[PDB]
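The sequence lines are lettered as chains in the order written, beginning with A. Chain A is numbered as in the PDB entry; shown residues: 307-461, 464-550, in order. Since chain B takes its numbers from the PDB entry, the residues it shows come out as 306-337, 340-461, 467-546. Ligands are counted one by one from 1 in listed order, and the atoms in each one are counted from 1 as well.
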Amino acid sequence: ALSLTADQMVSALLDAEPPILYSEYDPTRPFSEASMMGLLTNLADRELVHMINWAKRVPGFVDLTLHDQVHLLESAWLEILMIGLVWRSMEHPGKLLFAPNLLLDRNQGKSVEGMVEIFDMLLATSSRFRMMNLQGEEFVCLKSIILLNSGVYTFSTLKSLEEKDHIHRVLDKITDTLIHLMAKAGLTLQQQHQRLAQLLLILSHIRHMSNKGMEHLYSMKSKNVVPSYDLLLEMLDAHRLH
Amino acid sequence: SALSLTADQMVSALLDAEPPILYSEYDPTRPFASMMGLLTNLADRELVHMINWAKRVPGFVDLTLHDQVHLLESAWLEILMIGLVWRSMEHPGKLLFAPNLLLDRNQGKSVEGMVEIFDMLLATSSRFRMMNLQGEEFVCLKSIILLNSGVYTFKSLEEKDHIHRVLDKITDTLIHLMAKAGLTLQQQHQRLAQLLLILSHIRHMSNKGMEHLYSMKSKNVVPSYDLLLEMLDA
Ligand SMILES: O=C(c1ccc(OCCN2CCCCC2)cc1)c1c(-c2ccc(O)cc2)sc2cc(O)ccc12
Ligand SMILES: O=C(c1ccc(OCCN2CCCCC2)cc1)c1c(-c2ccc(O)cc2)sc2cc(O)ccc12
């Protein structure tokens, strides 16, 4: 993994991209605002399975222990859902494209108590992507950075010092990769550094939205909010029988 | 105008703007639970010095008062935390809230819900330590937190463009520092990225800290709009 070129890094990330899923309901029937959370929950749950298989294709990720793979996904899963949402919504001002058949605006967000504030933050992030003219190759680098970065500070065993050093090396490679993309695009050295910072600073906002969103989901008092250790392990820990 | 400062002038302005290190307010002859009262009192006194510092960050006072207040509302606990982490850098295993208030994680356990965030703060300090973070870099990072934390949640696009122009100059300033220190272009990029990724962790800690503070049902957690505006002293 640490021997990939920038071009190989981009290529592997582009190839790992998960599909765009649809909301599960009959589109010949009228839409009901009262079904919204149900629809969003079912969508998130199905997306999680594809997220696990995307994560396994992120260079350097399966080199980690399964325990650490689980912890990174525990920390990052809602951030990853959210940056994916923002990316899908970038070309639809004022809207959030949860699915091609589930395109919502903030007035619809208002029907769920406590949701509109987060809605508004997601919309502003989509606006920022648009203002920056964020490219696909840049987007997949950012999403991989979220996966590797978000949980790396909340995990001192010898094996684990080895894990953190590996993560930091892979992160350095993704930085090189972003710079390569920007250079190949024709940006000056000054413009490369400035845009690199602009991209990375957005990740602080994505982390903020993830924490506000998590607090919001917990406030709904559903039985199931986060993916369990066991659920994630089961999905991550495949046998070699297939 | 602020946008015309050189990288060297930006660094000097930020170093000179640095706030003082305050002490905890307690009688050291008296027996030492009341931990939260001490920390609350400390943070409350730190805030006015934070406002004086923000007014000295180049470009900040070119914003409307309304927008200055919004930025401080968003950033104040992050700023207190990166300050704590910086002060704690040479004290492995402990958090230097003040020179007369140096606590370890065992003392953090005495307050329900605190030790998890305590541990995150200690880890961030260790990361700064291992990166050999310099004072010149620290004051750039802290200025970035002030300008960046609220910029995605706001004439208004003129204000945002201004903020992003100032952020760009601080990026330029960070790179300049690293170049003078003899880092290669590759190392310059990589170090900039490593520093900015730590800011996501600091945002995370601020979020969890805020939840914790709210979970204690205290008199009040966030500084009000009116308090901040008053301290800005129009
Ligand atoms: O609405 C959701 C959402 C709903 C349920 C979720 O989790 C359901 C619990 N489930 C339990 C098993 C493990 C996986 C999660 C997650 C997101 C989405 C979001 C959200 C927005 C605002 C807010 O205040 C809270 C969340 S963002 C998002 C992106 C998606 O691709 C899908 C759903 C979503
Ligand atoms: O303990 C505090 C703290 C206590 C009270 C605070 O706010 C009190 C409310 N006050 C109201 C008027 C405006 C200012 C805030 C803020 C921080 C500090 C921190 C903390 C750590 C862990 C955790 O779970 C929660 C907080 S971090 C910190 C750094 C400081 O320089 C000072 C206090 C602190």
Drug identity at ligand 2: raloxifene
Bound partner of raloxifene (ligand 2), most contacts, as in UniProt: Estrogen receptor
Contacting chains for raloxifene (ligand 2), heavy atoms below 4.0 Å: B
Sub-4.0 Å atoms of raloxifene (ligand 2) with respect to non-hydrogen atoms of B:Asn532: 9 (C), 11 (C), 12 (C)
Heteroatom distance test (B:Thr347, raloxifene (ligand 2)): nitrogen or oxygen, under 3.5 angstrom: no
Proximity to raloxifene (ligand 2) by part of B:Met522, non-hydrogen separation under 4.0 Å: neither
Option whose closest heavy atom lies nearest to atom 24 (O) of raloxifene (ligand 2), chosen from B:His524, B:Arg352, B:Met427, B:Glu423: B:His524
Element-labelled atoms of raloxifene (ligand 2) that are located less than 4.0 Å from some non-hydrogen atom of B:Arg394: 31 (O)
4.0 Å heavy-atom contact, B:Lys520 with raloxifene (ligand 2): no
Proximal raloxifene (ligand 2) atoms for B:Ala350, defined as those under 4.0 Å from one of its heavy atoms: 6 (C), 16 (C), 17 (C), 33 (C)
Min N/O separation B:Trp383 to raloxifene (ligand 2) under 3.5 Å: no
Majority UniProt domain at raloxifene (ligand 2) interface, chain B: NR LBD
Raloxifene (ligand 2) N/O within reach of B:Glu353 N/O, cut-off under 3.5 Å: yes
Proximal atoms of raloxifene (ligand 2) relative to B:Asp351 (non-hydrogen, under 4.0 Å): 8 (C), 9 (C), 10 (N), 11 (C), 12 (C), 13 (C), 14 (C), 15 (C)
Structural part of B:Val533 in contact with raloxifene (ligand 2), heavy atom criterion under 4.0 angstrom: backbone
Overlap: UniProt 17beta-estradiol-binding residues in chain B and residues with a heavy atom under 4.0 Å from raloxifene (ligand 2): B:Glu353, B:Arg394, B:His524
Enumerated raloxifene (ligand 2) atoms positioned under 4.0 Å from heavy atoms of B:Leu354: 13 (C)
B:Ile424: numbered raloxifene (ligand 2) atoms lying under 4.0 Å from its heavy atoms: 22 (C), 23 (C), 24 (O)
Heavy-atom contacts of raloxifene (ligand 2) within 4.0 Å: B:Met343, B:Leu346, B:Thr347, B:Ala350, B:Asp351, B:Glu353, B:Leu354, B:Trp383, B:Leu387, B:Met388, B:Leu391, B:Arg394, B:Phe404, B:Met421, B:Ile424, B:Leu428, B:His524, B:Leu525, B:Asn532, B:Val533, B:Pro535
